[PDB]
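Depicted below, aciclovir in association with Purine nucleoside phosphorylase.
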Amino acid sequence: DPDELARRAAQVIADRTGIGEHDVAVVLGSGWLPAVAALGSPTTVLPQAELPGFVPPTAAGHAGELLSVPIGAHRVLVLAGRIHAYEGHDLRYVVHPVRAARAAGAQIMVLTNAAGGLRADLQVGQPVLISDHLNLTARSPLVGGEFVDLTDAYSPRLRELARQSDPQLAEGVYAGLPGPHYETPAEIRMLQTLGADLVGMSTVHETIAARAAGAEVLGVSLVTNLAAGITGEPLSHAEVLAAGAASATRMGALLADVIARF
Amino acid sequence: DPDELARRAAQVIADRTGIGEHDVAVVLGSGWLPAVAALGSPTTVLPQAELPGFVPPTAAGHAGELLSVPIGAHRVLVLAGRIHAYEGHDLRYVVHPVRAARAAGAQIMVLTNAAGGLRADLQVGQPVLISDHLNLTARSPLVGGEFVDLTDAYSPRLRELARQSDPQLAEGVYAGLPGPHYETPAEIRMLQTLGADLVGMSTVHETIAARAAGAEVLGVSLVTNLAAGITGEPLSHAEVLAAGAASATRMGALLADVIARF
Amino acid sequence: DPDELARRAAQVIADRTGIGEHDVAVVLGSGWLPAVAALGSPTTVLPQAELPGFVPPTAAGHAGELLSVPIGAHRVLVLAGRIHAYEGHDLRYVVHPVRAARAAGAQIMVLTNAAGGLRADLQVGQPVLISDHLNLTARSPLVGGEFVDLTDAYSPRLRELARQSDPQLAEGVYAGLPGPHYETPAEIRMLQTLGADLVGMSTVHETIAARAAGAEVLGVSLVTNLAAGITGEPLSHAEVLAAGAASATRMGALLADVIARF
Ligand SMILES: Nc1nc2c(ncn2COCCO)c(=O)[nH]1
Ligand SMILES: Nc1nc2c(ncn2COCCO)c(=O)[nH]1
Ligand SMILES: Nc1nc2c(ncn2COCCO)c(=O)[nH]1
């Protein structure tokens, strides 16, 4: 039972952080690990790996951390590192950190990801609010008849708040694909056709789980690269890995500024 | 294997219903269940849990009811209560009633479901014949080289008959997505770009299992709401649930009227 | 370790063929099996079932061979037969042959398949190079975190060399779907909107795994029919299974000529 397990993770978070409630949670995955530092000074860091339901049984590699970051009166549960459906994990493990954070008190989930830009405009290193997603994984983390409306899955209010801190923030539609391979240029063209501005390999399940749980979601993509076939050149690994890192800098700090608006 | 379990279920069904052939099956999906009551004069009802292979090893709720009913010159195997793929279940379980049906004599499977309407001119509470589908599940109920052709998977003949019963019947293309979450508006715009008129969370696999097994299929969606982002206002749990307790005697009258024409 | 298993496999190839490296692998599946004898005299033939990682206990039928054929400058591993996701095998097993091939020295994989033609200039019996693919399986043979750019997944250079042998060779984007059911005509319309020229039931994962493993890939579809709804007439397990076994000599000879240009 995932809510039951989320409640244990949440008890342990409370126990280990000494903080009984955590009213915002921020998942920083690929491309966004620069963002961690920059959310602000953690009072507790712990390994996610320790936590009930967290870093998956089968494959145990080395998860990231759960930081407890006060931002004013908001106690931010920072999830530095996430697991991905592409790693083989049953989606309940994939969304468990989100569900744990809910149980730990998160009103709002800030879900971040590394994305390829599908769009004209888009610059490498550009943060892009997610206005909506395409779930192109053919899955849901919801099992049974949990029929969650995904209208305004990425809170307009939270996009408004974020633009209060950076009025020049774009938004775009994120296509969530399983990965972990990057996309073909034909898949990219397809995704342009399907209505996506961004493409990536996470997030959609987390949002769904977050929304199912009642949490408001702020989604932020970092364009780590223009998607395949957009420029005419192959993808640069160093660019995907590093070109957005000062962005993820910038953004964690911007982050802290937006959470403070919550 | 699945086919042998389907024939075992069929034997138990013939035994327990006293009916050697049920030349029609009806699967009563979300929002169609109340329609059972207006179907005719069933002569056996048995809990589906009674039947070999009906209840999956994984989840256990309260399985539905299997009704044997004469309608016109047909014996109709009515499945009230179904399992869904979104409940976690191997598809062999999701299509088993259809396979058990065909093994029990079924030549025509009447597959009903609840759909978001993707054309803003479909009326909430109006049935729509499925003229075709988009299997967006990335799954098939068929295993190994079962290379079934799905041209006219939804028999034009049956839709023609259905329309003699009710010539105000729309037809349209149904996108089968896994569920159980509803679609984002962005997914809805994609679905429209993809040529879908209806969207739901079932049927596709049963259609495919039915065509494989050589049964013809009449698919009928109840538009229980306009899909996400169509209205410019969020979906409402309040409509999706009642949308066909209201259509109930009318849907069961339609069903019985169309089956009689078969 | 998939890669270790590949390695285990490649040492048998070396050992049973007596040749330390096969610089080209060809995967013959559906529609291309008859072409094998026309490729050349094999210096060795081993059943696939004898190699580590290759074929099942659960479901056992009767499996392909692996041939070692010199072709032009090349020592070619011929994989006669493949297994398919639609048979239900973990993808690690589906792409093991290619990974084994790559481990055996294959830096070029020629992946052949049978496809529905969606594009107006294609005809039944035509070989079509695969220019790009749409992976519509919602799966990936990659797990965890290799960085795999699928830009030029189907090497333009291999395509241009092939065309030095038969410049006749058309090319198209291949949509790789789960199978084993064929597509509904609405699905084919969608695929066309998605930019697919060809549709089939294999290849994409074997590509990905070849690309991740550092091989270039030439894809060859045999158009074994038009896609569903193109002719307004059903589809064929065996106008598919060989509207190209009509042309064994030519298909083997096409392959041998193309490979000689590499
Ligand atoms: N799928 C995909 N992911 C990317 C790309 N660039 C960076 N990432 C990071 O992983 C995907 C997370 O949403 C890209 O072009 N495509
Ligand atoms: N997938 C999907 N299913 C719907 C929609 N409206 C009604 N249904 C079916 O709801 C009953 C449970 O699936 C919709 O908009 N999308
Ligand atoms: N998916 C798909 N595969 C095809 C089609 N035609 C030939 N093939 C290849 O068939 C795979 C099973 O033989 C088609 O129209 N669709």
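Here is how names work: the chains are called A, B, and so on, in the same order as the sequence lines, proteins then strands, and each is numbered from 1. Remember, it's 1-based here, ligands and their atoms both numbered in the order they're listed. The analysis underlying the following values was restricted to heavy atoms, covering all of them including side chains, and did not include hydrogens, waters or symmetry mates.
Under a 4.0 Å heavy-atom cut-off, the other chains found next to aciclovir (ligand 2) are A, B. Residues of other chains with a heavy atom under 4.0 Å from aciclovir (ligand 2): A:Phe147, B:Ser30, B:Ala114, B:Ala115, B:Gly116, B:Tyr182, B:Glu183, B:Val199, B:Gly200, B:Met201, B:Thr224, B:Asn225, B:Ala227.
UniProt lists residues of chain B as binding phosphate; of these, a heavy atom within 4.0 Å of aciclovir (ligand 2) is found for B:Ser30, B:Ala114. Protein heavy atom in closest approach to atom 9 (C) of aciclovir (ligand 2): B:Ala114 O, 2.8 Å. Looking from atom 16 (N) of aciclovir (ligand 2) to the surrounding protein, the closest heavy atom is B:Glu183 OE1, 2.4 Å. For atom 10 (O) of aciclovir (ligand 2), the nearest non-hydrogen atom of the protein is B:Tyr182 OH, 3.5 Å. Looking only at heavy atoms of the protein, atom 13 (O) of aciclovir (ligand 2) is closest to B:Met201 SD, 2.8 Å. Taking the UniProt purine D-ribonucleoside-binding residues of chain B and keeping those with a non-hydrogen atom under 4.0 Å from aciclovir (ligand 2) leaves B:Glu183, B:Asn225.
Here's the thing with B:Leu235: none of its N/O atoms is less than 3.5 angstrom from an N/O atom of aciclovir (ligand 2). Taking atom 6 (N) of aciclovir (ligand 2) as the reference point, the nearest protein heavy-atom neighbour is B:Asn225 OD1, 2.7 Å. Distance from atom 7 (C) of aciclovir (ligand 2) to its nearest protein heavy atom, with residue and atom name: B:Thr224 OG1, 2.9 Å.
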